[PDB]
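Peptidoglycan glycosyltransferase, liganded with penicillin V (bound form).
Shown for chain A, in order and in the PDB entry numbering: 524-585, 592-661, 666-950. In listed order, ligands and their atoms are each counted from 1. Hydrogens, waters and symmetry mates are skipped; everything else that's a heavy atom, side chains included, is used.
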Amino acid sequence: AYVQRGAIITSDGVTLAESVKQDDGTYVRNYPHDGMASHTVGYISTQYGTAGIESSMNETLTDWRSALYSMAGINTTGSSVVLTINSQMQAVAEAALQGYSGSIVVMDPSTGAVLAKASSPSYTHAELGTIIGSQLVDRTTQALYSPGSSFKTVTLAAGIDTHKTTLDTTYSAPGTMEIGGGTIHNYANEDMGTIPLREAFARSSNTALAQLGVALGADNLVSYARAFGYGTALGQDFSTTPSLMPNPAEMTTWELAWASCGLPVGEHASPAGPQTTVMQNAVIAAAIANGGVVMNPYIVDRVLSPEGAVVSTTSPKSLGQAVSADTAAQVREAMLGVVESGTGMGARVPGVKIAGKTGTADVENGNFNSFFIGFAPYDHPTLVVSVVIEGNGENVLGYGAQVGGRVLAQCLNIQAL
Ligand SMILES: *C(=O)[C@@H](NC(=O)COc1ccccc1)[C@@H]1N[C@@H](C(=O)O)C(C)(C)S1
């Protein structure tokens, strides 16, 4: 502890972590704006473990002289870390989760840079010096959720990219339908008649999208999911638990039908899926917004020497092209429909074209979660949002979309400055 640890700063210059020298000789870790991006800034605690940047960039932040403790402070001084996080967007995301459990990720679609990353409930660093699904879980990257209908984005992308369907192709979308010996149902058993795929997607018909998933087959469904990041521990410089899909060979038709609507119901050796992180949902939206090119997200922009010189800069890196540019353009158009006339009207913001996909998924004892992935502006997107609002007793139907749209609009205004 005699070696001064480097600082952690936002892209807009807000210091979130500093080490301060003491007369004693040692350094104490200070956290200005304590409470901001806590899970991302992280900590090193005996009781609570290690997390975030303090942990992952520990060496950067962290010979004859080594044998002398009195000289530790002299030779080495840790380098600082500038994050991609913008403090104003981070504040926007934190304000939007007040009163709720869940998370939000805002990301640049062309690079995968994480501009805001918020999990709720959260905590302060002061609180770690006391006794405390807890606040410590990072719901953006280390909690897995059934994505529900937000995953239809992947089903749609795969259907179009394999040239098995088009947005104007019609589908029967009844209230209930037998598939693989089990029943699939639209929400509220709504019978929508025969409708084009773009409308089945905007209105989020499970019966229609399940039919597409069965037409694709398990290999295709899983393969496309993986091409968007499933099975990868996303993040160049932060830890994300991989999103999961089953071994396609173990899937049944009924399982496949539900999986295509974002509900993991499989029973077999491999995991049931899809199970997703919010960060993964953001990566999917970004890929779609970025002409199909998937980017490995990152949260460190650059590293600075104690003197203030740039030691290294992170380079954006692609995880591949999951779908063609033509496919991505069709998926974007379908997502515009979700917001302009479908289940995502709550995301609309006057004067800006926002596109996205909603989902709602049942969890334990009558609880359900609301999801939204989206991007803006529709034409030439410069931001992507991914949201989950956990209901845990409260009815949060459509909340993801409302939070998502509000966050995108506020972040676009910040970008314009
Ligand atoms: C996708 O998520 C869909 N979900 C369902 O039909 C199951 O939905 C619910 C579970 C619990 C409580 C209420 C609904 C279809 N898409 C949803 C969406 O948010 O887009 C939906 C509610 C419109 S139906």
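Heavy atoms of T891 found under 4.0 angstrom from penicillin V (bound form) belong to the backbone as well as the side chain. By heavy-atom distance, the residue among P680, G899, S682, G875 lying nearest atom 16 (N) of penicillin V (bound form) is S682.
Close approach to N739 involves these atoms of penicillin V (bound form), each under 4.0 Å from a residue heavy atom: 3 (C), 5 (C), 6 (O), 15 (C). The structure places a covalent bond from penicillin V (bound form) onto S682 OG. With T893, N900, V871, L742 as candidates, the residue nearest to atom 8 (O) of penicillin V (bound form) on a non-hydrogen basis is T893. The protein heavy-atom contact nearest to atom 24 (S) of penicillin V (bound form) is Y720 CB, 3.3 Å. When distances from atom 21 (C) of penicillin V (bound form) to the protein are checked, no heavy atom turns up under 4.0 Å. Heavy atoms of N719 found under 4.0 angstrom from penicillin V (bound form): none, in either backbone or side chain.
Among protein heavy atoms, the minimum distance from atom 10 (C) of penicillin V (bound form) is reached at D895 OD2, 3.6 Å.
Between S737 and penicillin V (bound form), at least one pair of N/O atoms sits closer than 3.5 Å. The shortest contact between atom 23 (C) of penicillin V (bound form) and any protein heavy atom is with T876 CG2, 3.7 Å. Neighbouring residues of penicillin V (bound form) under 4.0 Å (non-hydrogen atoms) are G681, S682, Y720, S737, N739, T876, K890, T891, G892, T893, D895, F901.
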Tabulate distances under 3.5 Å between N/O atoms of penicillin V (bound form) and N/O atoms of the protein, writing both atom names on each line.
residue: penicillin V (bound form); atom: 2 (O); partner: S682; partner atom: N; Å: 2.7
residue: penicillin V (bound form); atom: 2 (O); partner: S682; partner atom: OG; Å: 2.1
residue: penicillin V (bound form); atom: 2 (O); partner: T893; partner atom: N; Å: 2.9
residue: penicillin V (bound form); atom: 2 (O); partner: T893; partner atom: O; Å: 2.9
residue: penicillin V (bound form); atom: 4 (N); partner: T893; partner atom: O; Å: 3.4
residue: penicillin V (bound form); atom: 6 (O); partner: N739; partner atom: ND2; Å: 3.2
residue: penicillin V (bound form); atom: 16 (N); partner: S682; partner atom: OG; Å: 2.8
residue: penicillin V (bound form); atom: 16 (N); partner: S737; partner atom: OG; Å: 3.0
residue: penicillin V (bound form); atom: 19 (O); partner: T893; partner atom: OG1; Å: 2.8
residue: penicillin V (bound form); atom: 20 (O); partner: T891; partner atom: OG1; Å: 2.4

